[PDB]
Amino acid sequence: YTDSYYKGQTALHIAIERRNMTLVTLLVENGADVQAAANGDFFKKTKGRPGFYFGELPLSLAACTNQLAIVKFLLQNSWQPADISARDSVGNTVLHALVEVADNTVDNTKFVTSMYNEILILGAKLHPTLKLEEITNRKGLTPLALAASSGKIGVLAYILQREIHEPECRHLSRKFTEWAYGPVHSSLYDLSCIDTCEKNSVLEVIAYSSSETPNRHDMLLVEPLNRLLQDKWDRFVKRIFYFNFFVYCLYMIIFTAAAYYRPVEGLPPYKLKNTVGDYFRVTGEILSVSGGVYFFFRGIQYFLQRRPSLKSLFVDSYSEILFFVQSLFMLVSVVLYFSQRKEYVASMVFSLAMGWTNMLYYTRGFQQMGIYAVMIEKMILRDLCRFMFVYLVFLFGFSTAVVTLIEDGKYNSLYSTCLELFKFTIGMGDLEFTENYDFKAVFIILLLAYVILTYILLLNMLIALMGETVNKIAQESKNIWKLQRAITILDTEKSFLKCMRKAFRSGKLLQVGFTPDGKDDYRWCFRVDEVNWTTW
Amino acid sequence: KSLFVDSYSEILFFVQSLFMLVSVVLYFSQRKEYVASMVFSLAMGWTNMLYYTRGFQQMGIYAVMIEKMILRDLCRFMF
Amino acid sequence: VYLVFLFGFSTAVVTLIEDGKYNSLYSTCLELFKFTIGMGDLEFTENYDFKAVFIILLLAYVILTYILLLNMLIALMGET
Amino acid sequence: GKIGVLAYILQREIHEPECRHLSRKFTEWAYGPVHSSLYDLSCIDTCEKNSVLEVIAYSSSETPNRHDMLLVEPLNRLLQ
Ligand SMILES: C=C(C)[C@]12C[C@@H](C)[C@@]34O[C@](Cc5ccccc5)(O[C@@H]1[C@@H]3C=C(COC(=O)Cc1ccc(O)c(OC)c1)C[C@]1(O)C(=O)C(C)=C[C@@H]41)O2
Ligand SMILES: CCCCCCCCCCCCC(=O)O[C@@H](COC(=O)CCC)COP(=O)(O)O[C@H]1[C@H](O)[C@@H](O)[C@@H](O)[C@@H](O)[C@@H]1O
């Protein structure tokens, strides 16, 4: 085809689609180009149009459709064998395509894992010196990195625990068994491109996901990742986390002390008196502003490094947004302070409040507290927002009714009546707060209707809905806790402030000692003991 | 019977308008009681804003659940 | 969690208040605590400037603690 | 309110010569696992008198499954 929609499609592609082994054999026999790239729009992702992306190549097409016989033929035909390492216009190989077509369903994932395995075996058999799994597409992603980024948990789970029991394919494995006693045996996970690598370490890809990856909560449950994160935590990060928490606590105490003893004279900035208390006060103020600047620049670092696309900028990393807002309030307070405006106080208190509230960020890393904080966040985003919309509609409607009814009274104003009706919500509503009206029956009927709708119905409904929510987000909260542990571990090991290399764990062990050549393979493996009472 | 077991929003908007018209009649009738009518319409008007929560997936469900809570649980409880 | 919130907003409010009857961490802490037991005054002082800031802080505290946290506690106990 | 019968009819597909024209669901193209089907929509969107959507929506509230019938695939996608 020459049209842009089916561009590049030929007889071989059609033969593969129809699953006709005979026609494929004849076409290859007749000199068909096994590398003919079908790169029309119909064979691209292109979400706004129909299509089917399969890597544009006949080998990739056979692999994606669970046609193993055609794959073996295309790789090992006499007339024109296919290039196993060929790449499409995106740079994707067959393995990248197999990652792409994954969707974590049992039937899809089963054959996707099996075909991926078979391709690896064949690639070893035809090209022992070729390392397919290191090839990157135009995005720099290996098949493992692509699977981790796209959330294809099934494929990732297969790869990370890949063990191949046959001669001359042992080196492809990533899970090894070093020694075995009876029910107990000690396995080794490879951890290359998991712990640390050039660009797309799997932990870094998962933790810094865009929050729209399907299974980002579940991917860290995979055995080697969870054990590695726990090891990093216990060995290196736990004490540092506690230290950071302690330092933040000291910072908040200092900020509180500095703000509490602010002077009450007008027109800042204030002349420093030659007395001990004021030297300590100004010192605390300087430390507070310093911390504000620190968190400000960390926030900018976050935004630039992650480049959230204006929706990921808010729906996730809620904590960094809040810390950044605290720093903004601190800096605006500084500007107003040196601007000779009293309004700096109005900024400072907000920062102070935010600071103490942001203490809850450090609840994560405790299994029980972090779930609590996670549920707070999710409730604020969903249920409190919906409730506040409805409640404010009722509040404003009945406030307007009551303030209209009242005439030439103390209240007689939208603010006062809104406040006085709000007092019903907190269990302080007077219910006789004024007599400056006519038609007392109308007044009392309005208040009773408001009370029944808001206090009795809506608040109790809110409690019921929050119960329904927690019943559904308990397990999601558990996985989110694990996710944050992963995130803090990565940030701690990447910042590290001291060029300390002990964070690199698991030790340089020898896996096989016999690569495709005579060399020996050292792969920094991570040891995991297991016990099993079957398969003696 | 279908007039009352279903189509509550039509009832509520119609009743609001009835309160408004009664307010007009009282207003030109030289009775201060028009205020008593007007405020009721005003209150109902704002609550009828919830009618428009349909067309939003998140809020529409919430409005439906409020409707069902009123019709079942609040009615039983208030009795 | 509640004590974190209470202390944070008490510190903010007592910072905002100046040369008033309350003007002290203990009294303001107690006064904000009164909201939890359904006795919060919500206009317990005028010894400040920036009425908008003070009332905003009190409303935010009320919503965060009284509305969200207590009902959330009920939900968590129900799960337990 | 006979949801089962309606659910059958609206996605009815007949695979034989001289009875294709009775079908209301068609498959235009099917490439790999992906295939583009077509729903007939005669007298669902608009009809002489009793369009299916009009009948369901303006039902008398005593129909059994009036809430559930819009879960039938072509209707839900059409309404969206
Ligand atoms: C979500 C946005 C960014 C938000 C930021 C500020 C302005 C905030 O007001 C809100 C608006 C608001 C205020 C009061 C009631 C409802 C909503 O809610 C939060 C935000 C509301 C919060 C919620 O408290 C928390 O987020 C604790 C927390 C939970 C999980 C986290 O990962 C976390 O990271 C630090 C912090 C506290 C305030 O920051 C706060 O203490 C002050 C004085 C106002 C609250 O805006
Ligand atoms: C003095 C002031 C008092 C205010 C009193 C009123 C408070 C609520 C006001 C909120 C307004 C919402 C609204 O306008 O109506 C809502 C809520 O109704 C009520 O709860 C009134 C309680 C009486 C649902 O109305 P809806 O039109 O969707 O009815 C549905 C049909 O359409 C649909 O086909 C189904 O058959 C479905 O079973 C039907 O329900």
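First the proteins, then the strands, lettered A, B, ... as listed; each starts at 1. Just the heavy atoms: all of them, side chains too, but no hydrogens, waters or symmetry mates, feed the values below. Counting starts at 1 for both ligands and their atoms, following the listed order. Only a part of the entry is shown; contacts are counted within it.
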ask   = Which option, gedatolisib, resiniferatoxin, remikiren, adagrasib, tariquidar, matches the molecule at ligand 1?
value = resiniferatoxin
query = For resiniferatoxin (ligand 1), which other chains fall inside a heavy-atom cut-off of 4.0 Å?
reply = A, C
message = Just wondering, which residues come within 4.0 Å of resiniferatoxin (ligand 1) on a heavy-atom basis?
response = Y318(A), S319(A), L322(A), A353(A), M354(A), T357(A), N358(A), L360(A), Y361(A), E377(A), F9(C), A60(C), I63(C), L64(C)
ask   = Which UniProt resiniferatoxin-site residues in chain A are within 4.0 Å of resiniferatoxin (ligand 1) on a heavy-atom basis?
value = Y318(A), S319(A), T357(A)
inquiry  = I'd love to know the UniProt transmembrane segments of chain A, N terminus first, that have a heavy atom less than 4.0 Å from resiniferatoxin (ligand 1).
reply    = 3, 4
ask   = Checking heavy atoms only, which UniProt-annotated Na(+)-binding residues of chain A fall inside 4.0 Å of resiniferatoxin (ligand 1)?
value = none
